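Below is Ephrin type-A receptor 2 with LY3009120 bound.
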Amino acid sequence: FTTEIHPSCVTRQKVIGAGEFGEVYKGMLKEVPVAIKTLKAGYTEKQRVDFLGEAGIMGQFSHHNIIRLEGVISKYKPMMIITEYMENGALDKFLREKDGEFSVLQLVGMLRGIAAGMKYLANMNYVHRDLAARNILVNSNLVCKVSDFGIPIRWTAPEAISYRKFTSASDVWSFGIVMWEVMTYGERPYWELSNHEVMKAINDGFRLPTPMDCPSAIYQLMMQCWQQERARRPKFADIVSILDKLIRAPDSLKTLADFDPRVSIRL
Ligand SMILES: CNc1ncc2cc(-c3cc(NC(=O)NCCC(C)(C)C)c(F)cc3C)c(C)nc2n1
């Protein structure tokens, strides 16, 4: 079952995005701010199954680091999925607009939240397939929650690219990329390299270099997420455990990995 909301309780205020066959609005629910995704007239059977299926999954999950469902409008048209509203929006854009404004402890806290959400999804037998900072939302407490706005080569594990093997372990690879995104304040993974250049580089053993001002322990962890051999990657359980220990003994984060400068200025 999913909480059914009457349309009279919902007010759409502004368009903030696009759905698969409909739009996404900021609005109010009788009052609390909400995000609202619509499915407009003409939708196919597949679209309806996918839309209500997504809502169903969201309504069963209950975790601090997973987007919360307020409810669904299924009995009237257009159909709607209504979620909590995350005031700071998508993590990738947020970090790029707030470059350098957070402490290392705050950044690592973000990652621990994301990891906790992913551990929950993985153990509930849900494989994300598109984990990236663009699909993480941020609220006014700086809490990060896993979402999905709809192959993204540079986030995807080799086995998922090569033979379509998507698992919690391919999500761990992606999480490594997300760690690099957070610690660089939203740098594009692999910079201007083309998709084929990225795939070639990874196959030949290249990995993203240390971010600036990055704790050694954090760089070590993201490198383990990028083991070629799936079985050698940490589980989300391991990641949550390590990040929790680092945060609870925060002097552990004061030791930095060496940053490899591209340009050296001699004065
Ligand atoms: C800008 N703030 C904000 N806050 C909250 C927002 C919530 C949504 C949202 C997102 C989804 N879907 C969605 O989050 N799917 C993944 C769910 C899972 C992690 C449990 C597997 C949805 F079905 C409906 C809506 C309204 C979207 C598309 N945008 C949002 N934007």
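In chain A, numbers come from the PDB entry; the residues present are 604-633, 640-759, 779-895, in order. Order of appearance sets the numbers: ligands from 1, and atoms from 1 within every ligand. Below, all heavy atoms of this structure are taken into account, side chains as well, without hydrogens, waters or symmetry copies. Technique stated in the header: X-ray crystallography, 1.5 Å.
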- prompt: With a non-hydrogen cut-off of 4.0 Å, what is the binding site of LY3009120?
  reply: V627, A644, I645, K646, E663, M667, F670, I675, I676, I690, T692, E693, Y694, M695, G698, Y735, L746, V755, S756, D757, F758
message: Curious here: most residues of chain A touching LY3009120, which UniProt domain are they in?
response: Protein kinase
message: Below the 3.5 angstrom mark, is there an N/O of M695, backbone or side chain, next to an N/O of LY3009120?
response: yes
- prompt: If we only count N/O pairs under 3.5 Å, is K646 in contact with LY3009120?
  reply: no
field: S756, any N or O under 3.5 Å of LY3009120 N or O
entry: yes
task: May I ask you to list the atoms of LY3009120 that are less than 4.0 angstrom from any heavy atom of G698?
output: 1 (C)
message: Return the closest protein heavy atom for atom 15 (N) of LY3009120 as residue, atom name and distance.
response: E663 OE2, 2.9 Å
query: For atom 7 (C) of LY3009120, which protein heavy atom lies nearest, and how many Å away is it?
result: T692 OG1, 3.1 Å
- request: Return the residue and heavy-atom distance (to 1 Å) for the UniProt active-site residue of chain A nearest to LY3009120.
  value: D739, 9 Å
Atom 5 (C) of LY3009120: nearest protein contact (heavy atom, Å): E693 O, 3.3 Å
message: Give me the nearest non-hydrogen protein atom to atom 6 (C) of LY3009120 as residue plus atom name, then the distance to 0.1 Å.
response: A644 CB, 3.3 Å
Heavy-atom proximity to LY3009120 under 4.0 Å: UniProt ATP-binding residues of chain A: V627, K646
task: Enumerate the atoms of LY3009120 whose separation from the nearest heavy atom of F758 is less than 4.0 angstrom.
output: 27 (C), 28 (C), 29 (N)
- request: List every atom of LY3009120 that sits less than 4.0 Å from any heavy atom of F670, numbering the atoms from 1 in the order shown and giving each element.
  value: 20 (C)
Dump all N/O pairs between LY3009120 and the protein below 3.5 Å as a table: atom names plus distance, one pair per row.
residue   : atom   : partner : partner atom : Å
LY3009120 : 2 (N)  : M695    : O            : 3.0
LY3009120 : 4 (N)  : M695    : N            : 3.0
LY3009120 : 12 (N) : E663    : OE2          : 2.7
LY3009120 : 14 (O) : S756    : OG           : 2.6
LY3009120 : 14 (O) : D757    : N            : 3.4
LY3009120 : 15 (N) : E663    : OE2          : 2.9

